[PDB]
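Shown here: atropine bound to Muscarinic acetylcholine receptor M1.
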Amino acid sequence: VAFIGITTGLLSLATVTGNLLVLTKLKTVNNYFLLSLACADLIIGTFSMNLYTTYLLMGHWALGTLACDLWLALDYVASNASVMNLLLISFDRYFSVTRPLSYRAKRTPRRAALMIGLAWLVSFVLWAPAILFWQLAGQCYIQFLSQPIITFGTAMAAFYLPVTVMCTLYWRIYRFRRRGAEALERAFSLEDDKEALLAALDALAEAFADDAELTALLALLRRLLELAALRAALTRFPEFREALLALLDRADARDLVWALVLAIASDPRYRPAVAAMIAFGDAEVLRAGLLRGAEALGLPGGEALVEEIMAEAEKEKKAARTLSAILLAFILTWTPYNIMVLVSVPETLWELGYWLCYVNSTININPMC
Ligand SMILES: CN1[C@@H]2CC[C@H]1C[C@H](OC(=O)[C@H](CO)c1ccccc1)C2
C-alpha cells in the first residue's frame, strides 16, 4: 500500500535524474547510438512511470480519455524506439566485426545520425496515430488491439524477433572473435608447430575480408609456408620490407607470422580488426607473441607498437561488456511481461510485470559510466 509508491517513486527520480546526466565531445558512434536509448529511457522513466504511479489507485484510473491516450502513446512510442535502437546497436556491432574495412571505415556522425531518425519515425508513425487517431469506466488499454490474438502478435513481433536477432548477432560476433583469439594464442603457446602457425594466418585472413589486397597477401603467405610478387606484395608495408623480407629467406616461420601481425597492426587503416581479436585474447600470450615479433623485426625504433595496441584492446573490451550489460538488462526485465503474454495470472502480477519493463530504464545508464 505504501511500498508500491516508494519503490516506483524513487526509481523515477533515480532514472530521470540518472538519465539527464548523459545528455562534451564523446562523438563516438557508440555514444551517438546510446543517446537515443538514453532519451527514450528518460521519456519512459518520467511520464510512463508517473502515470502508472497515478494509475495504481483505488479509483481505477484518474484523468481518463485524453491522458489515458497520451500516456499510452508516449509509452508505446518510447518502448518501440528503445527496442529499435538496441537493434541498431547490435547490427552496428555485427557489421563492425564482420566488415572492418568496407563498413567500419564509413561510420561517421553523419549517415549514422540519420539511421537514428528512421528508428524513431518508423516507430512513432506505427504506434502514435494507430491508437491516438483510432476514433471500461477507468481501464486504460490500447483499444486498437483489444484481443488476445492481436496482443500475442504484437508481443511476438516487437520482442521475440528483435530478441532472437540480437542473440544471434551477439553469439556470432563472440564466436567469430573467440576463434581468432584462440588461434592467435596457440600461435605463440606452441613452438615449432605448423597447425597453430597456419591457424594464426587463417584467423588473420578471416578478420580481413573487405580489402581483397590484404587477403591476397595472406593467401600468398599461406602458399609460401605450405611466386615472385612476394616482395611486390610486401611493398605495401612501408619501412618494414627490409626486415620482413629478411625473415622470408627460409621452423623460422614462427617469428615471421608474429612479425607480420605487428606490421599489419601498425597501419591505423586496418588496425581495429586486429585490435578486436587482441582484446578478446589472453592479453599475456598475445603480448609475449607481439614482443617476439617486435624482436624478430630487428627492433628498428623500439616497442612503440605493443603498448598502445593493448590500450586500444582494453578500449574494445569496455565496449564489448557495455553491449552485454545493456542487452542482458533488457532481456531480463522485459521477459516477465512477455512470458505473461505467452500464457494467454492475476492483476497482482500483471502490474508487477508492467513496471518491470520500467526498471530496465534505471539500469540502462549505469553501464554508461
Ligand atoms: C507497454 N509497455 C509496457 C511497459 C513498456 C511497454 C512495453 C511492455 O510490453 C512489451 O514488451 C510489448 C511487446 O511485448 C512492446 C510494446 C511496445 C514496444 C515494444 C514492445 C509493457
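The residues of the chain are indexed from 1 along the displayed sequence. What's counted below: heavy atoms across the whole structure, side chains too, no hydrogens, waters or symmetry copies. We count ligands from 1, going down the list as the structure has it; atoms in each ligand are counted the same way. Technique stated in the header: electron microscopy, 3.4 Å.
- All copies of atropine taken together correspond to ligand 1.
- The 4.0 Å heavy-atom shell around atropine contains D75, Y76, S79, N80, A155, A158, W334, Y337, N338, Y354, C357, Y358.
- Near atropine, meaning a heavy atom under 4.0 Å away, lie these transmembrane segments of chain A in UniProt's N-to-C numbering: 3, 5, 6, 7.
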